[PDB]
S.K.: 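Structure incoming, see below.
Proteins get letters first, then strands, A, B, ... in listed order; numbering begins at 1 in each. Both backbone and side-chain heavy atoms feed into the values below; hydrogens, waters and symmetry mates do not. All ligand and atom numbering here is 1-based and tracks the order in the structure.
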Amino acid sequence: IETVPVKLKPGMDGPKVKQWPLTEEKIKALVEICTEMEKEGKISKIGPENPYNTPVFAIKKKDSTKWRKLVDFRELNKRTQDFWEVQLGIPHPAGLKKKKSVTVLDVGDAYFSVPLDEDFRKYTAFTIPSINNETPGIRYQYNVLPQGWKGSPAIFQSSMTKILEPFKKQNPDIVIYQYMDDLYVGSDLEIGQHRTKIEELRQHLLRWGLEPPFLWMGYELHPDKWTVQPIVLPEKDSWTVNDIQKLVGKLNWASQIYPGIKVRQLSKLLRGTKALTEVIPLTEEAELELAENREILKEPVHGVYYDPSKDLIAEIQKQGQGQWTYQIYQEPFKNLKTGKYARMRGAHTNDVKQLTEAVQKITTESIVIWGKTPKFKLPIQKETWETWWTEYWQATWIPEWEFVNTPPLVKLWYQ
Amino acid sequence: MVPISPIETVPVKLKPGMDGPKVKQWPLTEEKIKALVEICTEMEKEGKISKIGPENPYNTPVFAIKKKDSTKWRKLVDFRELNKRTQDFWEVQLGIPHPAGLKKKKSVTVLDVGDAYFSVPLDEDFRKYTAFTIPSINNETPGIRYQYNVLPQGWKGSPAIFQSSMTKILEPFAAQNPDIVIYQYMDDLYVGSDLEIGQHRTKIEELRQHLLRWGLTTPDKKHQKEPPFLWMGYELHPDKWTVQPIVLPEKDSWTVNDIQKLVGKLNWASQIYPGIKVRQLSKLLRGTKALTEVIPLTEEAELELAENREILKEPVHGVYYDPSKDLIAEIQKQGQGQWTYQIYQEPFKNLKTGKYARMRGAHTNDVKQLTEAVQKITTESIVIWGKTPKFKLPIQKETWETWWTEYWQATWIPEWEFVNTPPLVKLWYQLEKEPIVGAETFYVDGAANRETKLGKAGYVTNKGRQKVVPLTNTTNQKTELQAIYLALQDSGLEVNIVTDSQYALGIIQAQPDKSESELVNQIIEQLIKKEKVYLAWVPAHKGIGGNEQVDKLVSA
Ligand SMILES: Cc1cc(/C=C/C#N)cc(C)c1Nc1ccnc(Nc2ccc(C#N)cc2)n1
Ligand SMILES: [Mg+2]
């Protein structure tokens, strides 16, 4: 009912980001959404004395018939003061990643109930463009906490803890974590009981609401069963020269991650100048070294620790046939998580859709495990990514990314 | 009198921590002063400026400029200092419509709104910053001091505030009359419709009535300007559009600056004249920016110019957009990294044309370039029409499938069809995924001394074939490519090559079909002649047989 004062970081102006081209259907959708939001008092038209801008577009979330407005506040979030007036932080719950079921709820509509500090509103300016710029873009700013802004969950937090005080003491074994517009709710119940408690939770916020357009949805994760990818070596009865070269290459790479890896005896099987397809019998110094390397590879990497003050970096490789591998790390060769996907849905002829779904799944895992999003190194040309990713985006947050233009040799080793 | 709605003012601020201008007034001739006093008396009578006392400490210089070939003087207030200190505004013409996205209109009327152009009120709190002084005759009295009450021409905020004010006025008229379009440009309103001219002229009268609600009067004697409109370098007609006439000069000698003017005109022309090329003419501006230097024209640039003259021989027009029909985009390869395209809805009636040039890069191939051209056309089409066109591309469906399935990056192009118009984009080589049985295996290596720049490149094979070549003025990276080249040159149609060069592998895995490096180009030419090539990488200095042997041979 009263506004929390909000400022930008010192020596920092508001965002001035250029609105990217939107399709006709997204424009029409945003015109409808914003006409209603303006009637409901959530946004107001602004004049030319406001020079700021943040891009906007629209998405259709997973399994839906209704457009959702998505504001790309990445720049405003970088420029907004850090929030530890009341809380130095919400220390991330390490139990969330261990629950058998986690449901993700879009609770962003609750934020529209808190007014935004009148002096900060100007910095939330955005524009609905028109096709071919034939009419002036429609300019608005927020009067209430916007979805996607990092200040919104911070300012609403006191509210949110009060709404879920009942549900929490009634269900003390449920982990509830909030990230931006999402609520993550983890239980160890059977999925039918889980679905019930989720709907129980929905009722608390419908009741407090007295309508939220996307609260009824549920994105179900099972982090319980999230798989990793240790380094594994082939088990073969016949080794060609080429097989042993690939093995020595892979072990040389692994020795940067695992100190005690040796290739000397395996290398000695090469020595001659042999045909690549010739079969080489393994000597015993070689078989022993190989067995020793196998056992080293069953242990964890030494000195791997998560530092909350450092960025998480995510790298992705296209493996072919709808398969993608990825690694999350902060220091090179100190992977915090590795993984592999293949079930990229509805995209068997579209690489970029598959990559976009991978980015979203990796970001979701990152949020569950550490409570923040990684910076992506994407195997794609910037112009191709920037043209298409918004067509396949279904998440209400957006991570940061850069582009890999030189092919990594190490793709072979994660295959 | 009839009450008129006031136009709400836009609140305006100086940039943080800045004060208003305090600029000294230049002395003026007795003649100019008398002209400025009369000019300002009229302006004051109309309410555009007001006299102020000596309280106000701000000042902006005023000038009197003679209209060429007349006794009439003109008043110029130089707002350069106030503009540096005034806040930034939202500029709404951060994008002009492209004619190819416009819709055909039966009628377009122009209405003069100059009398609102100079009648939008200035924020009362900001007016003091606009103070200026007419100097007194002989400097024997205080100068006459005025400030602005309305948007001053030449002030940084006037175009944005005028446009936003006119837009707000027009918004309900446009909303309740969706069978017309309205466009504001300088001090004119352009109203188009498909209505029978009777209904059309009714709407125009209704628009004039609507404007009177704010006391904005429009001249009766209908506007001078009629279709065709000269606008932003185009000609707009009711049912077609073109660029304003492009005439390429004849010259015996071309300076840097003429070449820049020529390329600018060609670029402008390329949006409707198909096939325009500028590569060879742009190559002559490489590096140099000595704007009066004369440059000889290569035979290449002479040929490009000749081709362009033929393209520009007779006028070409575009049609307007029909939203009821699909958009089609067709692309052709032109050579030397140059691509050209046409966008149309009916065959032989282009909406617009254009071109795309290869990005500066060490290595490239046609498929990557076609892909980038497609993304650029896609984005331009979203801007202009709000949708992606269907593509007609000179690449077989099997070629694309092979490319995207095996390329190390994610890549995608939207819905498209093969069009069989040479030259076709093809894959010139594809490396094997597995070693080749029965093919000779070449273990290659090179090394160079960084001090002497002397090196060696060579290979050894499983058949005992061997070669080492001594090299001068070379580097480790060049000798590693040279070794791969020697193995390609000396092998049969199928070959296994083993290298430890991460550098060479990075290049070959990028699949270039053309390079700035002539050594890479020679490797590509050898790859094209093979039937099967398997390229295998091993780590250096690990006692890998064959690799260690030729490492010793070449690093000696
Ligand atoms: C951008 C624009 C510039 C001018 C004019 C600027 C001038 N100076 C005039 C108008 C009316 C417009 N706005 C639109 C919007 C949609 N379709 C059209 N079609 C259209 C416009 C002009 C002609 C002409 N004849 C024909 C069709 N114009
Ligand atoms: Mg070597």
S.K.: Any chance you know which drug is at ligand 1?
M.R.: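 It's listed as rilpivirine.
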S.K.: Identify the main binding partner of rilpivirine here and report its name as listed in the PDB entry.
M.R.: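 Most contacts: Reverse transcriptase/ribonuclease H.
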S.K.: Which other chains sit close to rilpivirine, with any heavy atom less than 4.0 Å away?
M.R.: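 Going by heavy atoms, that would be A, B.
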S.K.: I need the residues around rilpivirine for a figure - heavy-atom cut-off 4.0 Å, please.
M.R.: A:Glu134, B:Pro97, B:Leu102, B:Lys103, B:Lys105, B:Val108, B:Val181, B:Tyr183, B:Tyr190, B:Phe229, B:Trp231, B:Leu236, B:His237, B:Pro238, B:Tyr320
S.K.: Starting from atom 21 (C) of rilpivirine, find the nearest protein heavy-atom neighbour and note its residue, name and distance.
M.R.: B:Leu102 CD1, 4.0 Å
S.K.: What name appears for chain A in the PDB entry?
M.R.: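 The name in the entry is p51 RT.
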S.K.: Geometry only, no angles: is B:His237 polar-contacting rilpivirine at N/O separations under 3.5 Å?
M.R.: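 Right, the criterion is met.
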S.K.: Can you check whether B:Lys103 has an N/O within less than 3.5 Å of an N/O in rilpivirine?
M.R.: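 It does: an N or O of B:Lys103 is found under 3.5 Å from an N or O of rilpivirine.
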S.K.: Is any N or O atom of B:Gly192, backbone or side chain, closer than 3.5 Å to an N or O atom of rilpivirine?
M.R.: no
S.K.: Could you tell me the residue and atom name of the protein heavy atom closest to atom 11 (C) of rilpivirine, and the distance to it rounded to 0.1 Å?
M.R.: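 Answer for atom 11 (C) of rilpivirine: B:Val181 CG2, 3.8 Å.
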S.K.: Name the residue and atom at the far end of the covalent bond from rilpivirine, if one is modeled.
M.R.: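 Covalent bond: none modeled.
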S.K.: Tell me which protein heavy atom sits closest to atom 13 (N) of rilpivirine, plus the residue, atom name and distance to 0.1 Å.
M.R.: B:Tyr183 CB, 3.7 Å
S.K.: Which residue holds the protein heavy atom closest to atom 16 (C) of rilpivirine, what is that atom called, and what is the gap in Å?
M.R.: A:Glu134 OE1, 3.5 Å
S.K.: Distance to 0.1 Å, residue and atom name: give those for the protein heavy atom nearest to atom 9 (C) of rilpivirine.
M.R.: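 Looking at atom 9 (C) of rilpivirine, the protein heavy atom closest to it is B:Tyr190 CB, 3.5 Å.
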S.K.: Which of the numbered atoms in rilpivirine are under 4.0 angstrom from any heavy atom belonging to B:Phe229?
M.R.: 7 (C), 8 (N), 24 (C)
